[PDB]
Amino acid sequence: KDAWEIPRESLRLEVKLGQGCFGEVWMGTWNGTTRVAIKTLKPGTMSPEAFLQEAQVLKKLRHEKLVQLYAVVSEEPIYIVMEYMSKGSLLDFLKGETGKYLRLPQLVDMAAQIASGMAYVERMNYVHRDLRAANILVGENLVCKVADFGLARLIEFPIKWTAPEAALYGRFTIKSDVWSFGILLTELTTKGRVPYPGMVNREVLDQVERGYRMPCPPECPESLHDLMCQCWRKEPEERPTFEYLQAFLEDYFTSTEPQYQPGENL
Ligand SMILES: COc1cc(Nc2c(C#N)cnc3cc(OCCCN4CCN(C)CC4)c(OC)cc23)c(Cl)cc1Cl
């Protein structure tokens, strides 16, 4: 046991937020004062330090644009205790009521924050393995954080967000996260629309290997789709860094699209 462990008696499992093939997610209260969120094991569901190795990644990672670990439980019943994100998933946020008021400036800045989280990941020498809008939590003031490193690792599988070399040959790198970041960029600019519309997994895998790439989403600037294309380069090592992507997006509206005017959607 380590210093990340707490008494479970500390924990008010209150409202329910979701389920899965893993367990649940709950709003709750920690030591009576603190709002938290808990990813649960409903008793047996799966392996101990499989559920509890997303902790071992999340313990050593610690950035403002990453969802924060608060504590863990193995005094079974079992829990992963984390920082509570008020507006839920970026996917739900984009599809929901506020989604449609979202404009490029907002969307680019969300992209930015995420780039920022991932750039930290990048210099910590970790890989996320599952980057996509569904694993981005939104809080107040349009804040976005990376969450659910649930497969993550030191650099020692829903394929539409997955880089070819990673889906096919299991080559997961920060460079394959980048690939996913570019796909994540199509989600933001379409307001949550599933990538590769009308295509099934195997068809996506076959067309992407022949070099098919998603075209510029409607009302999305060419400069922003260029960036997605860079993120989707065949050779992993030619994809840009999260550091370049972070700085590119923060500076976007001055350095890159300094003449942008809003349309009916973006
Ligand atoms: C702890 O373990 C993990 C937990 C999570 N999941 C969450 C964490 C975290 N972290 C924090 N806070 C969350 C808040 C949620 O909903 C709150 C508000 C929802 N509404 C949207 C619609 N409007 C109009 C009302 C508000 C939520 O919904 C499912 C999931 C959350 C992930 Cl993604 C990964 C890991 Cl590893």
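Here chain A follows the PDB entry, giving residues 257-412, 424-533 in order. Values below: all heavy atoms of this structure, side chains included; hydrogens, waters and symmetry mates excluded. Just so you know, ligand 1 is whichever comes first in the structure, and atom 1 is the first atom listed for that ligand. For this deposited structure, the header notes the method as X-ray crystallography, 2.6 Å.
In this structure, the main binding partner of ligand 1, as named in UniProt, is Proto-oncogene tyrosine-protein kinase Src. By its PDB name, the drug at ligand 1 is bosutinib. Between atom 26 (C) of bosutinib (ligand 1) and the options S342, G276, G395, the minimum heavy-atom separation is to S342. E353 does not count as a contact of bosutinib (ligand 1), since none of its heavy atoms falls under 4.0 Å from the ligand. For atom 12 (N) of bosutinib (ligand 1), the closest non-hydrogen atom on the protein side is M341 N, 2.8 Å. Within the 4.0 Å cut-off (strictly below), no protein heavy atom is located near atom 23 (N) of bosutinib (ligand 1). Per-residue contacts place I336 under 4.0 angstrom from the following atoms of bosutinib (ligand 1) (heavy atoms of the residue considered): 1 (C), 2 (O). For bosutinib (ligand 1), the main contacting UniProt domain of chain A is Protein kinase. With hydrogens left out, the protein atom closest to atom 35 (C) of bosutinib (ligand 1) is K295 CD, 4.1 Å, a heavy atom. Shown here, atom 14 (C) of bosutinib (ligand 1) is in close reach of the protein: a heavy atom of it lies under 4.0 Å off. Within the 4.0 Å heavy-atom shell around bosutinib (ligand 1) one does not find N391.
In the entry, the organism recorded for chain A is Homo sapiens. The shortest contact between atom 8 (C) of bosutinib (ligand 1) and any protein heavy atom is with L393 CD1, 3.4 Å. Near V323, the atoms of bosutinib (ligand 1) lying under 4.0 angstrom from a non-hydrogen atom of the residue are 9 (C), 10 (N). Of the protein's non-hydrogen atoms, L273 CB, 4.0 Å is the one closest to atom 28 (O) of bosutinib (ligand 1).
Near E310, the atoms of bosutinib (ligand 1) lying under 4.0 angstrom from a non-hydrogen atom of the residue are 36 (Cl). Counting atoms of bosutinib (ligand 1) from 1 in the listed order, those under 4.0 Å from a heavy atom of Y340 are 11 (C), 12 (N), 14 (C), 17 (C), 18 (C).
Closest heavy-atom approach to atom 11 (C) of bosutinib (ligand 1) within the set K343, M338, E339: this belongs to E339.
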Considering only N or O atoms, set out every pair between bosutinib (ligand 1) and the protein closer than 3.5 Å, with distances to one decimal place.
from	atom 1	to	atom 2	distance (Å)
bosutinib (ligand 1)	12 (N)	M341	N	2.8

